*Asks:* 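Okay, here's the structure, questions in a sec.
All chain A residue numbers match the PDB entry; in order, they span 207-476. No hydrogens, no waters, no symmetry mates; every other heavy atom, side chains included, goes into these values. Each ligand, and each atom within it, is numbered from 1 in the order the structure gives.
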Amino acid sequence: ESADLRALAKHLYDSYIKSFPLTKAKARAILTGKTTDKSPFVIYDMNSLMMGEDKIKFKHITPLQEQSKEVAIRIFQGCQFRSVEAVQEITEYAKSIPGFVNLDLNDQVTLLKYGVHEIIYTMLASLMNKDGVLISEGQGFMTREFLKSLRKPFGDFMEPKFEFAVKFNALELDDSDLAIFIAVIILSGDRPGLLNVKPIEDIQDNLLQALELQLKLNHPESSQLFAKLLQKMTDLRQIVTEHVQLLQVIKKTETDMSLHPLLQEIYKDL
Ligand SMILES: CCCCCCC(C)(C)c1cc(O)c2c(c1)OC(C)(C)[C@@H]1CC=C(C(=O)O)C[C@@H]21
Ligand SMILES: CCCCCCC(C)(C)c1cc(O)c2c(c1)OC(C)(C)[C@@H]1CC=C(C(=O)O)C[C@@H]21
């Protein structure tokens, strides 16, 4: 079993590296001083925000129609394209989790519907420190306090993720850890409406075994870490429930929103 749980762990890490362009290790190097790379552009207020476009070569430019909208909404709408990119990254990773692709295709949809955001906030942590977050493959850094300064209820979106990220990062996980962790989250057989719970649980039992050992070998100086991570898995579900609640408020209180259709599909019946 042991050499095979290491094989599964390595196979996952390899896909993880293949799937997600920006690793925690890289993000961490940029966040600390510790890279040759030029340091990112800091967006710390409205003025630096406007300079963003000139300084960062990022992948979504706002079209003519959407240019007259208020900054909160533009920021709100801008960021959706990254989530979309995340969604397929996550899908590419899912496809490589040994046994996932052989599930009922509807169950494939359901685990993805429920995991994408748990995984996004997990991975978002890696990009965070107490001051703000890396944006555009780490070419930029938006301050936590700037995001917070946005008018209600837009200044309320990121705080709870930052609240999560500060604590989660204190566990000092790395990419190997996170590769298995991400895997255990997707293959969760307790998601509403699943068709065949058992084949999912069988995979997850295997991933959890790999996680436990991986944390054993990789974290000498912290008893109870594996349990803390299970509690995180739960913590994450509440972040998203908070997050869909706030999204509902946006829908009912704001006039010129544009919720991206792929995201709308994921959010639909959570
Ligand atoms: C009120 C909603 C806040 C959500 C923002 C979350 C946060 C700070 C990780 C963020 C993510 C983003 O993708 C952006 C981003 C911020 O800011 C820009 C300027 C919109 C950025 C532009 C294009 C972007 C790019 O091409 O890199 C990304 C986009
Ligand atoms: C296109 C196949 C049928 C669409 C229905 C499925 C639904 C609504 C989840 C959806 C899936 C999509 O892939 C898109 C999508 C919506 O909306 C966009 C804006 C077309 C999106 C753009 C590029 C996309 C991207 O960046 O990957 C995806 C594309």
*Asks:* Which drug is recorded at ligand 1?
*Replies:* CT-3
*Asks:* For CT-3 (ligand 1), which chain wins on contact count (greatest number of heavy-atom pairs under 4.5 Å), named per UniProt?
*Replies:* Peroxisome proliferator-activated receptor gamma
*Asks:* Taking heavy atoms and a cut-off of 4.0 Å, what residues surround CT-3 (ligand 1)?
*Replies:* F264, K265, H266, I281, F282, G284, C285, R288, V339, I341, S342, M348, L353, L356, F360, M364
*Asks:* Hey, which UniProt domain of chain A has most of the residues touching CT-3 (ligand 1)?
*Replies:*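 UniProt domain: NR LBD.
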*Asks:* Which rosiglitazone binders in chain A, per UniProt, sit with a heavy atom less than 4.0 Å away from CT-3 (ligand 1)?
*Replies:* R288
